[PDB]
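Here's the structure, in structure tokens; my notes come after.
Each chain is given a letter, A onward, matching its sequence line's place in the list. Chain A is numbered as in the PDB entry; the shown residues are, in order, 8-353. Numbers in chain B come straight from the PDB entry, and the residues shown are 8-353, in order. Technique stated in the header: X-ray crystallography, 2.6 Å. Read the numbers this way: they start at 1 and go in the same order the structure lists the ligands and their atoms.
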2 protein chains.
Amino acid sequence: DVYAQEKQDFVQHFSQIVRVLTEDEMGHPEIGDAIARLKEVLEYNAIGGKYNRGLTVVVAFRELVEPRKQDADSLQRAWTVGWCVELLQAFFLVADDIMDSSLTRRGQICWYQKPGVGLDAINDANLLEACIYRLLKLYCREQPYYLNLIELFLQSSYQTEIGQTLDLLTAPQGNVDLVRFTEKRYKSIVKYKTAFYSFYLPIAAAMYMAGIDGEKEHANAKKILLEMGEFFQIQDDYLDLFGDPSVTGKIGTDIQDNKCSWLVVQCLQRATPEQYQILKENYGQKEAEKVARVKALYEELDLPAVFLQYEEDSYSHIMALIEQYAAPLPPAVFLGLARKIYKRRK
Amino acid sequence: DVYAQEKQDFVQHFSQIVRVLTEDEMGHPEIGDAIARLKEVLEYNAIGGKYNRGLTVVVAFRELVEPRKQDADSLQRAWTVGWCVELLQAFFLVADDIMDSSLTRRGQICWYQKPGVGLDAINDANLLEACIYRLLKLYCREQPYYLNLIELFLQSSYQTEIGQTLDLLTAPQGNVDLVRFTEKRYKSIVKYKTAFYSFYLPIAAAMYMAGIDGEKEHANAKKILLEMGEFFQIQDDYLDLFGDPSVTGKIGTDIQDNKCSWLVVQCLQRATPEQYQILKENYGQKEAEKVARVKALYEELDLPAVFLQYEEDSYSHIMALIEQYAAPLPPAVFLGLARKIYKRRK
Ligand SMILES: O=P(O)(O)C(O)(Cn1ccnc1)P(=O)(O)O
Ligand SMILES: O=P(O)(O)C(O)(Cn1ccnc1)P(=O)(O)O
Ligand SMILES: C=C(C)CCOP(=O)(O)OP(=O)(O)O
Ligand SMILES: C=C(C)CCOP(=O)(O)OP(=O)(O)O
Ligand SMILES: [Mg+2]
Ligand SMILES: [Mg+2]
Ligand SMILES: [Mg+2]
Ligand SMILES: [Mg+2]
Ligand SMILES: [Mg+2]
Ligand SMILES: [Mg+2]
């Protein structure tokens, strides 16, 4: 509901984000064509998702700053930073689609597959990351939280980068190993590859902008938000295989890529010895025939129910933690976000 | 000579760079395997070049700080930052080899071609970039130039990123257009893709660490160093086609990739109408037969002499600029670097 009413404001402010990025260097008409492609890149990769992260920065701001201080300028910084988290999303997604050999994202062909693009997407992605800090300097160079934000973004990027590495080491194409698809490994992977950038980044950005920079308060908000991250990745691993691609906006690839997905981990735990061998014979291959064999053993082990039960048990634990750790922050902050991902299908 | 005596110190300090990066997160043994691959990545991509940029940071430091202040700690920051510019080099090169479809770098198979690696190099490269700011915080979090350095690196990355985009837009594989291979375009491309990160970054880092942060002094050092950048790229475009790959450490690819190389631009200027058509028919194709046809028309137009004459005329203009703009800095600073790239073959 709150993301709903703020969504439109958020998106309309994207025109300006683009204006500022594609003009601040246009007094150098030499790099104009380059700046032109940047507009194009942003428009294609920054737009089309749910904006949960960017909205979260904005929503969390309004709930942590006394309305006497939510002035005109200060409010603008909120959605610029919200759009900065949105650009981090774009950076990492463009890269990840290349690396996961994905076909669609946000219900279009992935950037790297847009004809004319391909592996130039690599440079396009770095550019997206570069813009984060262009905006940060443009709109906050003078706030006292300016250095806190630069470091929170850098730090978060590094973290998810470690995550991605963890992700990729565990899923060697051609090296089907199920032994490594454990639980400690999964929790570690999703923590670094999703949790920090998708939940602690937005809320922490809003805290630092609202003066809330105590170490314990971030430590506590993080304790909640990292647990929401893992929930959120597990939802995503599920939808990879069990969701409608016309609705997720992306065609799933986890089983083919030999990914340490939640399912394959929960599948190993319930694996009768015969089934294990079936999993060992079909996982991590591009053959449709073999992939469906996998889906089948998932459905034979009623995992699609285990996921629904985890979802409940998990959602209540998050709740418990919001009840344990939220204060002095408004529980609205964490409830609002958590309510926006419960049962989701995209 | 000065890079010579400082080289070894510089390289030996790499053991510690690696120690600090692969231990500061090892109190989290979960991401240990990831941290393991980071060691591996660094060792493969940070090591093996000439270290001109990193040495430059170090050499330029010793020449701008009164020896009374070149203490133990302060000196360590110098080569850490020198190694940070070295990591930026690695970041961009790993990416560029993928995008240029290169085969070797620094006399080994490119990272992305190391079997087991491929497009995961994309994430490995981002990690390299991430380490820059890990070190920056580890060793300078408390210097007064701390924010100046973070912004100089970010800014320089963005700049070379615009450059790379400029580079790639101009060289569409399959779209052989010679009309775009002009001079204004070339100067613009090399300025952003090489000049800022390879010459202004190192020297400016050393200036900021030595307190020299006046706007005019950086503006003047930049005026010299941007002109050295263009010289240096033109040398590189030449060696691409006319240098021994066993000595450059890399197999050239400019003609195949349809690159706006210096040669092809100087070739268009001297193109009799018949030759132009020959260029139009062979440029930007992978066929060895057609590539050599190109090399031939270059040698028919004695470009390998035009490059030697540019080299002289250019080197003297740099000299003039060191004589015009160096002060209050020691001309040694700019002479030292410029003397380390004159006539180079690798
Ligand atoms: O499942 P992935 O981790 O590859 C993914 O969730 C992206 N991602 C990457 C890090 N965190 C999330 P996507 O399904 O959107 O391709
Ligand atoms: O010639 P490129 O610009 O591709 C190169 O010089 C790398 N580079 C990229 C930007 N600046 C330099 P390399 O020959 O080393 O592949
Ligand atoms: C960590 C994950 C699952 C990456 C995609 O997340 P979202 O589905 O929330 O990304 P948007 O397309 O809405 O940006
Ligand atoms: C801009 C260019 C030419 C990239 C390679 O430069 P260097 O040849 O100086 O890189 P190193 O391998 O010595 O790092
Ligand atoms: Mg992925
Ligand atoms: Mg993916
Ligand atoms: Mg997924
Ligand atoms: Mg290149
Ligand atoms: Mg190259
Ligand atoms: Mg080159």
List the drug name given for ligand 1. zoledronic acid
Q | Most-contacted chain near zoledronic acid (ligand 1) (per UniProt) | A | Farnesyl pyrophosphate synthase
Which other chains are in heavy-atom contact with zoledronic acid (ligand 1) at under 4.0 Å? A
| Contacts of zoledronic acid (ligand 1) at 4.0 Å, non-hydrogen | A/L100, A/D103, A/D107, A/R112, A/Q171, A/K200, A/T201, A/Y204, A/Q240, A/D243, A/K257
- Query: Do any nitrogen or oxygen atoms of A/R112 lie less than 3.5 angstrom from nitrogen or oxygen atoms of zoledronic acid (ligand 1)?
  - Reply: yes
Backbone or side-chain N or O of A/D247 under 3.5 Å from zoledronic acid (ligand 1) N or O | no
(message) I'm comparing zoledronic acid (ligand 1) with the native dimethylallyl diphosphate site: which UniProt-listed binding residues in chain A have a heavy atom within 4.0 Å of it?
(response) A/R112, A/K200, A/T201, A/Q240, A/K257
Quiz item: Does A/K200, backbone or side chain, put an N or O under 3.5 Å from an N or O of zoledronic acid (ligand 1)?
Solution: yes
Quick check: does A/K257 get an N/O under 3.5 Å from an N/O on zoledronic acid (ligand 1)? yes
Which residue holds the protein heavy atom closest to atom 12 (C) of zoledronic acid (ligand 1), what is that atom called, and what is the gap in Å? A/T201 OG1, 3.4 Å
Ligand-side contact atoms (zoledronic acid (ligand 1)) for residue partner A/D107, heavy atom cut-off under 4.0 Å:
4 (O)
Quick check, please: with a 4.0 Å heavy-atom cut-off, which UniProt Mg(2+)-binding residues in chain A are near zoledronic acid (ligand 1)?
A/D103, A/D107
Could you tell me if other ligands or ions lie under 4.0 Å from zoledronic acid (ligand 1)?
ligand 3 (3-methylbut-3-enyl trihydrogen diphosphate), ligand 5 (magnesium ion), ligand 6 (magnesium ion), ligand 7 (magnesium ion)
Show the short N or O contacts, below 3.5 Å, that zoledronic acid (ligand 1) makes with protein N or O atoms; if there are none, say 'none'.
residue, atom, partner, partner atom, Å
zoledronic acid (ligand 1), 1 (O), A/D243, OD2, 3.0
zoledronic acid (ligand 1), 3 (O), A/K200, NZ, 2.8
zoledronic acid (ligand 1), 3 (O), A/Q240, NE2, 3.4
zoledronic acid (ligand 1), 4 (O), A/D103, OD2, 3.0
zoledronic acid (ligand 1), 4 (O), A/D107, OD2, 2.7
zoledronic acid (ligand 1), 6 (O), A/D243, OD2, 2.6
zoledronic acid (ligand 1), 11 (N), A/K200, O, 3.0
zoledronic acid (ligand 1), 11 (N), A/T201, OG1, 2.9
zoledronic acid (ligand 1), 14 (O), A/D243, OD2, 3.3
zoledronic acid (ligand 1), 14 (O), A/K257, NZ, 3.3
zoledronic acid (ligand 1), 15 (O), A/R112, NH1, 2.7
zoledronic acid (ligand 1), 15 (O), A/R112, NH2, 3.1
zoledronic acid (ligand 1), 15 (O), A/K257, NZ, 2.8
zoledronic acid (ligand 1), 16 (O), A/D103, OD2, 3.2
zoledronic acid (ligand 1), 16 (O), A/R112, NH2, 2.9

